[PDB]
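The next PDB entry has aciclovir among its components.
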Protein chains: 6
Amino acid sequence: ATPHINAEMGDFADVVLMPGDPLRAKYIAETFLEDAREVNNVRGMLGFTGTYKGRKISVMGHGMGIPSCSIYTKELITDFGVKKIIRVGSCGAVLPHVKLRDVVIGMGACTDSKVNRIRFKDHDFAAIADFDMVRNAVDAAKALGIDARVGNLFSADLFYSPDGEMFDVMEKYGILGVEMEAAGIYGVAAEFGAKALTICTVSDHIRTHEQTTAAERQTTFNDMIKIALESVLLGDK
Amino acid sequence: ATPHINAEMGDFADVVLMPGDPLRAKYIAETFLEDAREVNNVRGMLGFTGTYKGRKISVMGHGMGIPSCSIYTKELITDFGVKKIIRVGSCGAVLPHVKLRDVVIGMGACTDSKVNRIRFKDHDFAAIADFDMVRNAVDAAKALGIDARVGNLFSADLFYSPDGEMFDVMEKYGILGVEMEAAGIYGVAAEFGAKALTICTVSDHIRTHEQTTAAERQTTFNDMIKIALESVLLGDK
Amino acid sequence: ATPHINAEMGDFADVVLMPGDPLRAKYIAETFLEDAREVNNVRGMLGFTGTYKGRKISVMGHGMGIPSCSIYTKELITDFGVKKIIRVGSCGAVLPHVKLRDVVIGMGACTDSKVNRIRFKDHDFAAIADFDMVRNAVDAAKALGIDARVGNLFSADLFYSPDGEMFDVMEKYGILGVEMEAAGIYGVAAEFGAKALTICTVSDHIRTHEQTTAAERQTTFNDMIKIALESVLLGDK
Amino acid sequence: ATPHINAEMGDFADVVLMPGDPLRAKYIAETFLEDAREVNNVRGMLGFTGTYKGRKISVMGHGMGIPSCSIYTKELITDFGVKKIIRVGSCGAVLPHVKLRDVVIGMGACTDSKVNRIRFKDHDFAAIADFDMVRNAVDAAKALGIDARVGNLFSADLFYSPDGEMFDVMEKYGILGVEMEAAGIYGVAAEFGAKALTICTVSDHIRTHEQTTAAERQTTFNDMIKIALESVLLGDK
Amino acid sequence: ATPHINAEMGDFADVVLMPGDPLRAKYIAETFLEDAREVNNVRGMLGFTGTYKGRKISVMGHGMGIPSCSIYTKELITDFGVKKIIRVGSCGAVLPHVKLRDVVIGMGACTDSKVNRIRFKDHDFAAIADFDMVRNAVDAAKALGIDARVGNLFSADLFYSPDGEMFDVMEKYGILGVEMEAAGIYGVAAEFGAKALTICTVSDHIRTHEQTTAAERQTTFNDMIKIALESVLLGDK
Amino acid sequence: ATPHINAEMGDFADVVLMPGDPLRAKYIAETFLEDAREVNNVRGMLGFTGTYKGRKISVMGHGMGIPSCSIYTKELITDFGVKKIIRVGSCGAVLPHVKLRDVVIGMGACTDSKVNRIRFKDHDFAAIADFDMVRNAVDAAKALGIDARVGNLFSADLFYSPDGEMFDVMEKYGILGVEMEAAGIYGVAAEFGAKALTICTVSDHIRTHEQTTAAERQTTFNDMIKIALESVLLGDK
Ligand SMILES: Nc1nc2c(ncn2COCCO)c(=O)[nH]1
Ligand SMILES: Nc1nc2c(ncn2COCCO)c(=O)[nH]1
Ligand SMILES: Nc1nc2c(ncn2COCCO)c(=O)[nH]1
Ligand SMILES: Nc1nc2c(ncn2COCCO)c(=O)[nH]1
Ligand SMILES: Nc1nc2c(ncn2COCCO)c(=O)[nH]1
Ligand SMILES: Nc1nc2c(ncn2COCCO)c(=O)[nH]1
């Protein structure tokens, strides 16, 4: 057991899907995993382990923000033998060509957090995904008929930013999605020697846009999770 | 409703107690509040409203880390008419004279987060509590026979810090407790014109120490919550 | 003697009031202290010691700016047995509701200086006053019929600021007054293990217009000094 | 013509290979391109254009360092219709498992430069390659029987580093190679809307000893260039 | 009249010598000038105007630290038509071969203050003296047969520095003397369009606590003042 | 031999002139030296040793940017006994009264590079030329009847800057010319214990795109080279 995960070595798979919302983790275990077992309830951060087409997989919430996901991803890697982390989340879009419900794969993650500067003697650490995990996700997406965009995320510390003009800078430099975690997760992965990917679904456009139905949101969420789960299987080959 | 709180104006009191763990919020509502009603379940971030000696009070989890609590505290202030936030949490101690189970009241909060630099044109924002809220808490504590320490907290972005030497610096400059929120909460309070306090209970000593029993932990947790609730009543006079 | 104070252990009380202006130190000694003797004149930075209602008290100028007041407060603390510093100064207001001749007590002090960053490994140190000293001052002011405002000061390095967009930021984040010392003094106090407080009168409204008073000013100035001295008596018990 | 390239629209292919050394640009043109013509000689920064298996391709030196390669890559992109830049360089290894003559592909590039901070409002920009270009390179290398390592480079401003404690940090965080350009090139590509990739061969092991090879070196260098050119053909479809 | 100088346009010469100590400004007025009249005593910051071999010259204390001297130098430039400022101060040596009582001429000034960063968008402003003023002081010192070193001062905010290791860095980079003003004065001269120079004499070693007497200290204090005044005469031709 | 210079101890003079363009190093060797022999051509960075009125003098390109010239200047100092470096380059003007073809002498160099911050614990290192070298160049220019301004250069990392507003700041603070090297050269000279100066001629205005011809540009290019070489002769006496 670790201070935030009441479990023991072997309760988690070597791959963990992590949505921000622990209620989404439960949904994932019910909908996609066979023979599922609850492995964590500390602080209501529900975590599960089961199988997907024979492959042992875990899914657990990480909570909002770099500091929250940095705790869980760290403890998973150092105490539970976890090798790959796939964040499966939502993000806001700044580019007009990026649409609601697009699947974005974060090969890199910009951030306004200081955590990687603390790690890296105040220089620029390029917070990146594991490349094979990126390609696995792109290929899984293509096999399912979904055309994912690959590029930079921006991991924001402040959801309610006082710096509105920063969204124009994000747009200018090609940022595909704004979320709150990737750069933190990629930093932990590099610190402790494991591998990470963040896949996000565009749930907001910080420009116009219109909005979507609950049936549409569920479909793309399911698509994202299919992409994550199938990407793991490609990775094992 | 706000993107993280499915509720409407008047569902929350103008004062909200916020532990990090939403399961502790439920415990608080059951143990101390009368006529309690659940007002939030979005992402499992359980929130409640009831009364304590006649006074309308709410209690809701904020999750770990500045970015998480910054979302909830912001939405509470701007959309739910909340005026005072009392964080009620745990912290690690660096000073040898500060003991397990001490109640620490954060008149200020140091941080290694960048959020207040983003707010404050990269200068030093002294993240502080509201003074009356501090004194209310000190007086409530004294009336209950608990002798609280008042001073600086340190709000860390990284629970698992790669910068071990920073704990010696914290010790040198008098930091009473290490937690993950206060500076963020105090920043939001200043940004949006409300008032905040963080009270913490020492649950770890990052030096020796020994440890405690579950009965002892529950007692001091209850003491902290009594201090928070009674402080509110002094504040209304 | 230290390189900036030509005096010996015992020549100062264990509490020192400190205006910026050494001429105002003489004003204070002469007006409020009995049996007042001059104890320093190096660089014209007049210091005095006498009694206020039987209690040994010193008053000495600190000069303008963090680097100046950091020298004097340090040497007082480490070489003259001084345990409490009370800065008694002027400040400029940025908030509309803060008026000329309001007494403001600096519970915390923001700054654009780098001194606390140098001390605190480039993180945010919340430069705060001693809590008991703050509440002694509030109570001493209440006994005199004055309602002191307690909150954040801003300690500026540049009196003539290159750009005044920073005043709008100070105003947004609730800064009560702008002066040039508090954050430095609170830093020294934490570095060297003593207690400090800054009390200021509002001399100027940098916002507006700036409609003026008489003197009047001088009676409000005397009220600040009386608050300081009476707060010391409260602190003694 | 631009201030650093004496050539006209059409003189370059829409893809440019770029070594640091202009003498190596001539090596590449001469060895790998048919019908190769020199298209630039301003400041001795030789550029050439010819064909590789019927495909129009250019190769031109960029000089050592971010500021040098930022000039050439920008002018190529905005004035010569260039859509893809492939840096083909050397780098120093810090990881034990990374050997002399490993081909490393810079999916991301860390840096101690300030150029991306200047672009990105002092936040962390993750300087990344174009994903498709990265996977074209990996596949081109696999077809040639080479197992390219994909990960982070470090783009240093100081070849002769003031202190080498930074190499241990690079090693802890999984940096595959140290060179002087990639982060700058990836920044320009994102600023001006083009695509870029850095491929390097390991010329040195800054860690150890550093036991040596023959040339051999030169055949691994030719493999890098063949990977680059073949990746372009894959990218064309 | 300005907020810190009770005097009028004409009371000061167009050149002002400024020691930190106002009492040394007095000694200079007594010892070197004739028809010396006091033109300022606000806050005890004594200023004098007189003549040196018939040349109108002023001399006024600036207080300790960047913020203090920035106030007085600014006011002198904007409201009293002062064109040139010559600081005549003490400094500490960090180089073993710079001996007590050496005269140092600050052609540049390093600093750990943030004031020039605030002026210069957080980039490196090289805080430099006026070249002709530097040349004049080198020639005045030659003509009087006095040894004088030209190079970098370091202007510190903390006389009592918590970072002793920084002195090794100053040593490493050839810093001739550590004082508390020059970089601030040179930034003010640049901002408000005047000219400045800092001359200092080494009154101790940071490393040691080495010994002299009141005969030599004043004769060397007098050497610096002669250089300064004679350098002005040369500037006039 | 060093990694970027194929030559041996003795092949260079103790003084080296360095333009950025190696082809201008060639023109200088042809036009001004006698018995000129090529001593370096690695990476095409042409270096020549010869004599000027019997004085042994070398001249070698340094490439564009701080990182490039830091490599070559370091190697020259540590392995070829070079004592003095004189950069002879072009710059852009930001002051309207600094005209095309003006000669500028960089007594100091501002920068937006991080290299000196890395050397100087993130404080402000005033990057300065050697005073005697500056004096020699002022006197050489006087004796040849050439106008020459002394003050601050700004050494930029981005020739193509995304922050146009910074040019207004450079203007505000008297920056005489914008180039890409001086601050880096002056930092190298300080770190490795040699002497340096940067002289430049203004080849355009950042603001405008103003016009000249090949007759005047070379005659002014020649003016700067004469100053540099004659300044060395003066230094020898
Ligand atoms: N900052 C930010 N984070 C987001 C957005 N959408 C999703 N995330 C990341 O999820 C955490 C917030 O619910 C957005 O629009 N902005
Ligand atoms: N960084 C840190 N945060 C703590 C500690 N104890 C409590 N907190 C704050 O609570 C969030 C982590 O569970 C501690 O020891 N270190
Ligand atoms: N920076 C600043 N300092 C002040 C102000 N008012 C008083 N002080 C303190 O400086 C005292 C010297 O005038 C103000 O408006 N700004
Ligand atoms: N900074 C750095 N650059 C390198 C290294 N190896 C190759 N390069 C790229 O510089 C090419 C010029 O030698 C290295 O070990 N460090
Ligand atoms: N910071 C610093 N300043 C000095 C020293 N010596 C002289 N000065 C100049 O100002 C300090 C006045 O006491 C020193 O040793 N350190
Ligand atoms: N950054 C910059 N450098 C210049 C300019 N003019 C000359 N230099 C010196 O190096 C640039 C060579 O093209 C300019 O306008 N900007």
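A, B, ... follow the sequence lines: proteins, then strands. Residue 1 opens every chain. Indexing begins at 1, ligand by ligand and atom by atom, following the structure's order. We use all heavy atoms of the structure for the numbers below, so side chains are in, but hydrogens, waters and symmetry mates are not.
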Q: Give the name, as used in UniProt, of the chain with the most heavy-atom contacts to aciclovir (ligand 2).
A: Purine nucleoside phosphorylase DeoD-type
(Q) Help me out: which other chains have heavy atoms closer than 4.0 Å to aciclovir (ligand 2)? (A) A, B
Q. Which residues make up the contact shell of aciclovir (ligand 2) at 4.0 Å, heavy atoms only?
A. A:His4, A:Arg43, B:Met64, B:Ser90, B:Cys91, B:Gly92, B:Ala156, B:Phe159, B:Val178, B:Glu179, B:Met180, B:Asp204, B:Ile206
Q) Hey, which atoms in aciclovir (ligand 2) end up nearer than 4.0 Å to a heavy atom of B:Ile206? A) 15 (O)
Q | Protein contact of atom 2 (C) of aciclovir (ligand 2) - nearest heavy atom, named by residue and atom, plus distance | A | B:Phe159 CD1, 3.6 Å
Q) What's the shortest distance from atom 11 (C) of aciclovir (ligand 2) to any protein heavy atom, and which residue and atom give it? A) B:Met180 SD, 3.7 Å
Q: List the covalent partner residue and atom for aciclovir (ligand 2); answer none if no such bond is modeled.
A: none
Q: Report the overlap between the UniProt phosphate-binding residues of chain B and the residues with a heavy atom under 4.0 Å from aciclovir (ligand 2).
A: B:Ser90
Q. Which of the atoms of aciclovir (ligand 2) are close to A:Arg43, meaning less than 4.0 Å from one of its heavy atoms?
A. 13 (O)
Q: Cross the UniProt purine D-ribonucleoside-binding annotation of chain B with the residues having a heavy atom under 4.0 Å from aciclovir (ligand 2), and give the overlap.
A: B:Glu179, B:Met180, B:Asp204
Q: Output the list of atoms in aciclovir (ligand 2) that are nearer than 4.0 Å to some heavy atom of B:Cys91, sorted by atom number.
A: 6 (N), 7 (C)
Q: Please provide the UniProt active-site residue in chain B nearest to aciclovir (ligand 2) and the shortest heavy-atom distance, rounded to 1 Å.
A: B:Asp204, 4 Å
**Q.** Protein heavy atom at shortest distance from atom 15 (O) of aciclovir (ligand 2)
**A.** B:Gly92 CA, 3.5 Å
Q) Can you tell me which residue and heavy atom of the protein come closest to atom 13 (O) of aciclovir (ligand 2), and the distance to 0.1 Å? A) A:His4 NE2, 2.8 Å
Q: List the closest protein heavy-atom neighbour of atom 4 (C) of aciclovir (ligand 2): residue, atom name, distance to the nearest 0.1 Å.
A: B:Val178 O, 3.3 Å
